[PDB]
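Drug present: tigecycline.
Here is how names work: the chains are called A, B, and so on, in the same order as the sequence lines, proteins then strands, and each is numbered from 1. Counting starts at 1 for both ligands and their atoms, in listed order. Shown: partial entry. Contacts: counted within the shown part. The header says electron microscopy, 3.0 Å.
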Amino acid sequence: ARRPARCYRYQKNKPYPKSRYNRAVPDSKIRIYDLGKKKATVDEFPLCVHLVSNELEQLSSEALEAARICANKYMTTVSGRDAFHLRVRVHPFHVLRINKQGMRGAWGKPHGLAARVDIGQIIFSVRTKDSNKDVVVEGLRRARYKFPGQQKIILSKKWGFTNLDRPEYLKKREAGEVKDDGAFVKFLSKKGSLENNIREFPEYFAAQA
Amino acid sequence: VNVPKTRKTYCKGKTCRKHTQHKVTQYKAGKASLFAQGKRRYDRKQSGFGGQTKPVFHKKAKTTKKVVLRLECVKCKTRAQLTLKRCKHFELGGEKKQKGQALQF
Amino acid sequence: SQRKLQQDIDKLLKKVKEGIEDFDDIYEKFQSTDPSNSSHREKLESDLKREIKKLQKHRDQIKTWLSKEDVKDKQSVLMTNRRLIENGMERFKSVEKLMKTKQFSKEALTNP
Amino acid sequence: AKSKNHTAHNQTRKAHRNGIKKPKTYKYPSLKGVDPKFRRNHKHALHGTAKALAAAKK
Amino acid sequence: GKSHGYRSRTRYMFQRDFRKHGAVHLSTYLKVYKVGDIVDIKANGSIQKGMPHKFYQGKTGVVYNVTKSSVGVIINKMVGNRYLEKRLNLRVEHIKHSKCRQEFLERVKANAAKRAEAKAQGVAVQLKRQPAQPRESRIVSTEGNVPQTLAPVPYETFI
RNA sequence: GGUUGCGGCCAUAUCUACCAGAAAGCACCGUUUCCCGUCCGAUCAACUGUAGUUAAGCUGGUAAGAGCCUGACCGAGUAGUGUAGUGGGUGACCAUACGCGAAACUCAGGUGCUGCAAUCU
RNA sequence: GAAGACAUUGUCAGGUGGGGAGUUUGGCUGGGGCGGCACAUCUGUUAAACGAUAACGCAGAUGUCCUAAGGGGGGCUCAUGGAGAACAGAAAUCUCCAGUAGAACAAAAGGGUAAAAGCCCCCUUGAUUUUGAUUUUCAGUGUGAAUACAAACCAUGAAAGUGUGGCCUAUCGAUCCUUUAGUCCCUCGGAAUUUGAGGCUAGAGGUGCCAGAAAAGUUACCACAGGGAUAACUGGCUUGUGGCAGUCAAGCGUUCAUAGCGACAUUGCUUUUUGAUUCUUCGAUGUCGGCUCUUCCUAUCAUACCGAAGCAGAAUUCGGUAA
RNA sequence: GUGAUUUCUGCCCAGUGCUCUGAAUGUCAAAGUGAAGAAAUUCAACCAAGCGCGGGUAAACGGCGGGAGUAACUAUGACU
RNA sequence: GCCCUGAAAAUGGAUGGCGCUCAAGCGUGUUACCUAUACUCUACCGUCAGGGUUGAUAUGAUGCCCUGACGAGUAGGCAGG
RNA sequence: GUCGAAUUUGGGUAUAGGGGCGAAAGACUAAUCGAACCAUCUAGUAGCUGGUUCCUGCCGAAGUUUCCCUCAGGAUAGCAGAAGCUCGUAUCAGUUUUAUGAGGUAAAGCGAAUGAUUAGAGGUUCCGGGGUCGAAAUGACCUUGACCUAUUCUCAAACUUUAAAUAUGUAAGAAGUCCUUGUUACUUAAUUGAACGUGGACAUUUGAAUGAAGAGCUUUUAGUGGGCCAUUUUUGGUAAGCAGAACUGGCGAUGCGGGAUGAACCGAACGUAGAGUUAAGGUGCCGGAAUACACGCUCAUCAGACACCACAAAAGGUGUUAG
RNA sequence: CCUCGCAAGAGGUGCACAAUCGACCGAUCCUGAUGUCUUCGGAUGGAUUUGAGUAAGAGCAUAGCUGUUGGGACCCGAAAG
RNA sequence: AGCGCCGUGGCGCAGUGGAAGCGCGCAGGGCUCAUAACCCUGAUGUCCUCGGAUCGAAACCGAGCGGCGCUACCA
Ligand SMILES: C[NH+](C)c1cc(NC(=O)CNC(C)(C)C)c(O)c2c1C[C@H]1C[C@H]3[C@H]([NH+](C)C)C(O)=C(C(N)=O)C(=O)[C@@]3(O)C(O)=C1C2=O
Ligand SMILES: C[NH+](C)c1cc(NC(=O)CNC(C)(C)C)c(O)c2c1C[C@H]1C[C@H]3[C@H]([NH+](C)C)C(O)=C(C(N)=O)C(=O)[C@@]3(O)C(O)=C1C2=O
Ligand SMILES: C[NH+](C)c1cc(NC(=O)CNC(C)(C)C)c(O)c2c1C[C@H]1C[C@H]3[C@H]([NH+](C)C)C(O)=C(C(N)=O)C(=O)[C@@]3(O)C(O)=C1C2=O
Ligand SMILES: C[NH+](C)c1cc(NC(=O)CNC(C)(C)C)c(O)c2c1C[C@H]1C[C@H]3[C@H]([NH+](C)C)C(O)=C(C(N)=O)C(=O)[C@@]3(O)C(O)=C1C2=O
Ligand SMILES: [Mg+2]
Ligand SMILES: [Mg+2]
Ligand SMILES: [Mg+2]
Ligand SMILES: [Mg+2]
Ligand SMILES: [Mg+2]
Ligand SMILES: [Mg+2]
Ligand SMILES: [Mg+2]
Ligand SMILES: [Mg+2]
Ligand SMILES: [Mg+2]
Ligand SMILES: [Mg+2]
Ligand SMILES: [Mg+2]
Ligand SMILES: [Mg+2]
Ligand SMILES: [Mg+2]
Ligand SMILES: [Mg+2]
Ligand SMILES: [Mg+2]
Ligand SMILES: [Mg+2]
Ligand SMILES: [Mg+2]
Ligand SMILES: [Mg+2]
Ligand SMILES: [Mg+2]
Ligand SMILES: [Mg+2]
Ligand SMILES: [Mg+2]
Ligand SMILES: [Mg+2]
Ligand SMILES: [Mg+2]
Ligand SMILES: [Mg+2]
Ligand SMILES: [Mg+2]
Ligand SMILES: [Mg+2]
Ligand SMILES: [Mg+2]
Ligand SMILES: [Mg+2]
Ligand SMILES: [Mg+2]
Ligand SMILES: [Mg+2]
Ligand SMILES: [Mg+2]
Ligand SMILES: [Mg+2]
Ligand SMILES: [Mg+2]
Ligand SMILES: [Mg+2]
Ligand SMILES: [Mg+2]
Ligand SMILES: [Mg+2]
Ligand SMILES: [Mg+2]
Ligand SMILES: [Mg+2]
Ligand SMILES: [Mg+2]
Ligand SMILES: [Mg+2]
Ligand SMILES: [Mg+2]
Ligand SMILES: [Mg+2]
Ligand SMILES: [Mg+2]
Ligand SMILES: [Mg+2]
Ligand SMILES: [Mg+2]
Ligand SMILES: [Mg+2]
Ligand SMILES: [Mg+2]
Ligand SMILES: [Mg+2]
Ligand SMILES: [Mg+2]
Ligand SMILES: [Mg+2]
Ligand SMILES: [Mg+2]
Ligand SMILES: [Mg+2]
Ligand SMILES: [Mg+2]
Ligand SMILES: [Mg+2]
Ligand SMILES: [Mg+2]
Ligand SMILES: [Mg+2]
Ligand SMILES: [Mg+2]
Ligand SMILES: [Mg+2]
Ligand SMILES: [Mg+2]
Ligand SMILES: [Mg+2]
Ligand SMILES: [Mg+2]
Ligand SMILES: [Mg+2]
Ligand SMILES: [Mg+2]
Ligand SMILES: [Zn+2]
């Protein structure tokens, strides 16, 4: 057993997901996808760090869980559990097949589950404070070893996971059109109703600081 | 399938070329008489030495026969044939199905 | 082969018919037991139970035949022997229940 | 002894070596499949206009 | 195992358009087709009687026969090394006119007009269409428009 | 221009919440002998236009409304793609040349038009 | 002497009769066999946005069922959710509101359908007759299925209209033979009448290997024509599997990731494993093991020289140049 | 058929054969008999043997169980 | 970017070989040169097409002459020898 | 091994081919035996193997469709040749444009429907399971599950609002347009329309571009009906010089120059010669042609050296160079 | 081909042939006149029907290439019966 | 690996669309000095699990779990 990712590496087949035509597939081994202080705010975590791909390939659900475990262990041993929020941004939806006389009836049974990653696609995202840039970089360097192919750390200059580069987001915050939700934020748009906009963003519609 | 004993269809008779009452029965094949030319030819060919000389059918595949109704128009006493499809069960003038009675299990 | 299949058909057909004959003979001797011979009643129960169990095995074979085996001609006679076996089954069930029922059991005290 | 099942190779080359040229339309296409009602009238009207043209020509 | 039915591989072909289900309208019921006209065949899935085959979907032909509720359309189809003429009996829901044909009629009316005044005053008929001819010499004004200089941008990653 | 009858395109026409509606017209409305239909004159049928009411329907307007529609040099000439190379790269794939070219997104605007006839302060 | 119109014999008829005779013992196929039907068909996908398109490709279905589940007309709106009403509760019946279909339409699947194509009610038999034309499969042959008319006769509706079976896409069958219906027509040939028979027009009885032979095995006693179109050796491509080697480092090692190891992953090499394939060879390449003998490779067991150790010595372990 | 001597050759006739009976109140050819017909012919009844029914036969061909629980340690299972 | 470690197979061995190190290697650019049965021009052979020429003397009108284009070839077809 | 017998043997005699004879091996029956030998039927049949005899010229394929007890074969259509025939009189394009259609792939989307799926937030329980305050209460507090609302992360060959590029249908007129009035048994309430017409009008271009090498038509017949490779799209498989499709081009059927070598790659297709110029590829020598020029990089104690193509990766290196 | 015209072109006639609408003959399905052995005759007029037909004949015979079939069938070749 | 069968009370087994039983065990009473045997009674089930068709099943149709049996041949 345990055929290599070198023979399940490239994207050769069409996406073959779990559906009503394909049942009795084994479960993925990755079950948790967000990690660290996942209830924190983008207020608390300004800097984003992205592990991105350079190859059009397939990532095993095993490679995802192993990279997540090693990265997690490194950041908790160094910087503690609450200093980061790590989210894996690929979900294994590909049922890989195994054949297991001759080539007659060669259509194979389900064997796995894979994340088809494109060039320039986020694999790992870590949001953290400005002082933990080093430790999140070396944790994602450990992640780059359990993951096949070539990957890059890009210092994402978006405030947290969201959008909206840091001066733009600072301007939005000091304008007051940003409301703190659970692990995310809500934005004021100039297209909704006046009454519900009033009752959901009082600070923009007041003379507050 | 259920078919009524009576039916108003077209009549080919010259005295009435319109729709008229027909009584419905089922076509049953004839007696297969001994003096048909094919039967006489078969008897002469099978007589003698040489065994069976014509093929006899063995690889039966279908279970159903198409039903064909002999309609007799009741004024000019004339007959016609109407073919209905492969049905396992066939009744002439059975009880009508009823819309909405209590089922009786 | 279809010839071998139809041979096994005809064999089980004949076995079912002779089983039905001797089951009916045991049934009529049961109904004419003279029920003071309760031991003879119980003996005839056990004998027709054995015969109806043999008919159970034959009927299950008929089930498998009509389900998967491509009988291809004789579904009529297979179904008729199935129906004969099942009416024998219900006769055995009625007789068997009749002597099972205890005279002061709660079912007989509820409804005669 | 398996062999090749189906292929459309070389077929367009054969067809265009002896091309698809035209269905060769004519004036007065065939009246096959046109309505018998008003086909009978077309017969009668052509008879009438031929008779009228001959009578006017004398 | 393998199927070639009358409506095989016609799923999205005979689907209705989004928010265009229901009854088909009285414009396409009240349009009139006369013998010899040019029509486009696009099947309507709601009317199952008189549907064309999937081959004739989106196909332009000449109507040659008109009857109670349908019209007969002549279509040339390529089989083998020759075109064959096919006579389809199609309902007016599946039959639609040809805007190219109507534009040819407005063009021939315009051409007959243009030759009429061209003959009336006696010069410059010039009826036939000409393709897009090369552009001619022009003068552009720098007054109010000084050419602003452009440079290629550096490589900045946005993610 | 409002309204009614018949419509064409079938949301710019729909949906939600309020507000207004002179005149006329629709509408709600009043009644069960007759034709007729229902468990029920509620629907339907018939009769009256009388006893009344714009409360609803309907029409119109409002809403940083939802939806829908139109446009943008907004995204984006991006994704994708036809053709070409003894181009690059171990490969996966990626640039370049001649061409075509989106969708989502964002922003701005709009919220039925119209035909035949009749009628109306 | 016995037997006697019985045996015997002759001709027909029924039975028995592998003792013998003659013949047959499907096809596709990652070799054949076993398995399966991809053999006649239907749906979605493969299929690369006209059409066509393969594999023992994927997910399924067919050999039926229906006098209504066909045809016409009228009325109504479904699944579900919420709020209520004695017994009555999660679910019995009744009422209202919301409800673009989230229901139903015989079945597989895909389309289609809302004053309907659904549900209920009324009336019916057009699921009728005569042959033609057209579409799909396609050779533009047949079969099957379908479309639009024409000439009748009808059904329904106030009518416009609709109706030549099932809302649409599957649900099926030549010659010869038999049989039925019609014409009661033609012929039985020296001339008639009546039975009988043969014809003509339209059906049915069936070939599922579904363009349609009447059909069991075995050969280790075998034969012939051939085949590398096709297997069992080697060789060749590939390396799943086998074997070998890296990288990462959670941990083990008292303490300490890396003395020695090393999980979870991940990258390779090899052709000494077994497969996969079928390119060469079936007018033959002698086919297992052993003996015998030579050479080569290194991925080093020993020996030479070294480095490291949780190497005090001894013993041992890891590694290097080295065949 | 088995294969000197010695010692033995168990159970099964349901199946396949073989063999007995004889009218089962079955099937049953030709010839013959009766009826209808104008006749060819058709329909009846009768209908031998054999199949069928009913016995016997295995030194004829041949065949000759499965699952549970159970004894003062465990195991096993005389036993159920 | 290049180079190096990773990087181990069995006859002796192959950037084709010799050899090459500010290359005769790699990346790029500029010219010059070499060379095909390809292209241009000419001649000749054949085929095809279009055409001219019964006038007297001398011969063949299926003949003579002009113009242009073309020429690969298995299975196979036809033609002239 | 046996050697006094179930012994060995001579001669005579008997048994003959579906027969004999067999202490049984399918043994033997004149070197022949799982059915002898001889002659004839017989030149038996073969969809199978091999061979098939002079030259030159011109043209020049197919390995595909459908059916077949069809899969080593035929028929049929297709490709090809020959004979031509009717005209050279406005015809057609493996092409583009303009105009108008059609499509549901690539992409995209999921705070759009279906299905999958990550994470919190706010709520709702006359109505989930726990505990606490509780006698309980249409009581209260907290915990955990669901249901709703607004968000978030990622997806779909058999999901989709949207939606390309490339391919694809039609039209671009004389068989056309306009005016007037003739026919009809069709149609209309109706000289109303429909179809076909008569007689006039219309042109400079007769209604986009480009090219035509003649255009159209018929008959008959050969061979073929094993294919294979390359780019791109693509299915099964770990992959394959694997199996199976789509479009195009090639090999087969084809030499020549280059890739040292090679059926397919690059260039270019071929009468016999001469001259010139080039393609692809090259110019140290083999080897024709610059040990040319210019800017750099690399020193390898296994350098590297040119597409198909005859391989190398992850991970590293104060080696060096530039950022 | 004819007429006009210098020609361009205008008209007339137009064989073969091609397309189409008709007419006639046979079959099928109708309609059913004068009439009459009162059961025979089938006039006339039709029909999305059908024929391998008519519509101022083209065939017959011979020879040749090619092709088909049957014969040993291009030549050689079985195991068999 | 394929094919086929089986799965129901504590154990061994039946069971067809109107729907759960047999025998032995188990429980209560009786008889007996007592225990068996015998007599009179009673109770006993996620019908292997999950989903679907049906107005409804354990049964019909599908997915898995578990246990058996047959085949795996020519070299
Ligand atoms: C008088 N009976 C007893 C008889 C006797 C003899 N033979 C003798 O006389 C000699 N036998 C003795 C000495 C008495 C033992 C007989 O020989 C006969 C018969 C009877 C017939 C019966 C026939 C009859 N048929 C006409 C239907 C019948 O019932 C059967 C039958 N199916 O059983 C017959 O076979 C029958 O035809 C027949 O064969 C008889 C005799 O031969
Ligand atoms: C015992 N014998 C007397 C006999 C009696 C009867 N009759 C009866 O049993 C009648 N009794 C009843 C009531 C039916 C039970 C019989 O019926 C018979 C027979 C015996 C045979 C005679 C046979 C005989 N054969 C052997 C030559 C004969 O003459 C004929 C014949 N040529 O007709 C037979 O066929 C015979 O075999 C025969 O049928 C007999 C009986 O059946
Ligand atoms: C210009 N000429 C050479 C010509 C050419 C063509 N066709 C072409 O264009 C050539 N076709 C190619 C492009 C080569 C395929 C042509 O098609 C024609 C004609 C000529 C005309 C002459 C017509 C004329 N009238 C009626 C205008 C005439 O005098 C007669 C007559 N009365 O007999 C004709 O014959 C005429 O009608 C005619 O036939 C011509 C053409 O068809
Ligand atoms: C498009 N041009 C090339 C053309 C085409 C066709 N033919 C067709 O299109 C045929 N139609 C089909 C496609 C068959 C349905 C044509 O038939 C014609 C013509 C051209 C005209 C020219 C006319 C012109 N007149 C008006 C003065 C002219 O110059 C002469 C002349 N005097 O020589 C003509 O020949 C002319 O009158 C004419 O006859 C033409 C055509 O017939
Ligand atoms: Mg005989
Ligand atoms: Mg083939
Ligand atoms: Mg196939
Ligand atoms: Mg569409
Ligand atoms: Mg229909
Ligand atoms: Mg035999
Ligand atoms: Mg085979
Ligand atoms: Mg397509
Ligand atoms: Mg219906
Ligand atoms: Mg309705
Ligand atoms: Mg057909
Ligand atoms: Mg009709
Ligand atoms: Mg007959
Ligand atoms: Mg038939
Ligand atoms: Mg067939
Ligand atoms: Mg044999
Ligand atoms: Mg053998
Ligand atoms: Mg063998
Ligand atoms: Mg032997
Ligand atoms: Mg081979
Ligand atoms: Mg092998
Ligand atoms: Mg390996
Ligand atoms: Mg391995
Ligand atoms: Mg091989
Ligand atoms: Mg060999
Ligand atoms: Mg040899
Ligand atoms: Mg040899
Ligand atoms: Mg070494
Ligand atoms: Mg014995
Ligand atoms: Mg026995
Ligand atoms: Mg016996
Ligand atoms: Mg008899
Ligand atoms: Mg007897
Ligand atoms: Mg290296
Ligand atoms: Mg060199
Ligand atoms: Mg250089
Ligand atoms: Mg010439
Ligand atoms: Mg002697
Ligand atoms: Mg011998
Ligand atoms: Mg056949
Ligand atoms: Mg061969
Ligand atoms: Mg002309
Ligand atoms: Mg177009
Ligand atoms: Mg599609
Ligand atoms: Mg996509
Ligand atoms: Mg989109
Ligand atoms: Mg979604
Ligand atoms: Mg002209
Ligand atoms: Mg041919
Ligand atoms: Mg052929
Ligand atoms: Mg060849
Ligand atoms: Mg070449
Ligand atoms: Mg190229
Ligand atoms: Mg030269
Ligand atoms: Mg030189
Ligand atoms: Mg590297
Ligand atoms: Mg470096
Ligand atoms: Mg010969
Ligand atoms: Mg011959
Ligand atoms: Mg011979
Ligand atoms: Mg023979
Ligand atoms: Mg007790
Ligand atoms: Mg006791
Ligand atoms: Zn009648």
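Lab note - all copies counted, tigecycline located at ligands 1, 2, 3 and 4.
The chain forming the most contacts with tigecycline (ligand 4) in this entry appears in the PDB entry as 23S rRNA.
Contact chains for tigecycline (ligand 4) (heavy atom under 4.0 Å, other chains only): J, K. Within less than 4.0 Å of tigecycline (ligand 4), the other ligands and ions present are ligand 3 (tigecycline), ligand 52 (magnesium ion). Applying a heavy-atom cut-off of 4.0 Å to tigecycline (ligand 4) picks out J/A90, J/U91, J/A174, J/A175, J/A203, J/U204, J/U206, J/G207, K/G9.
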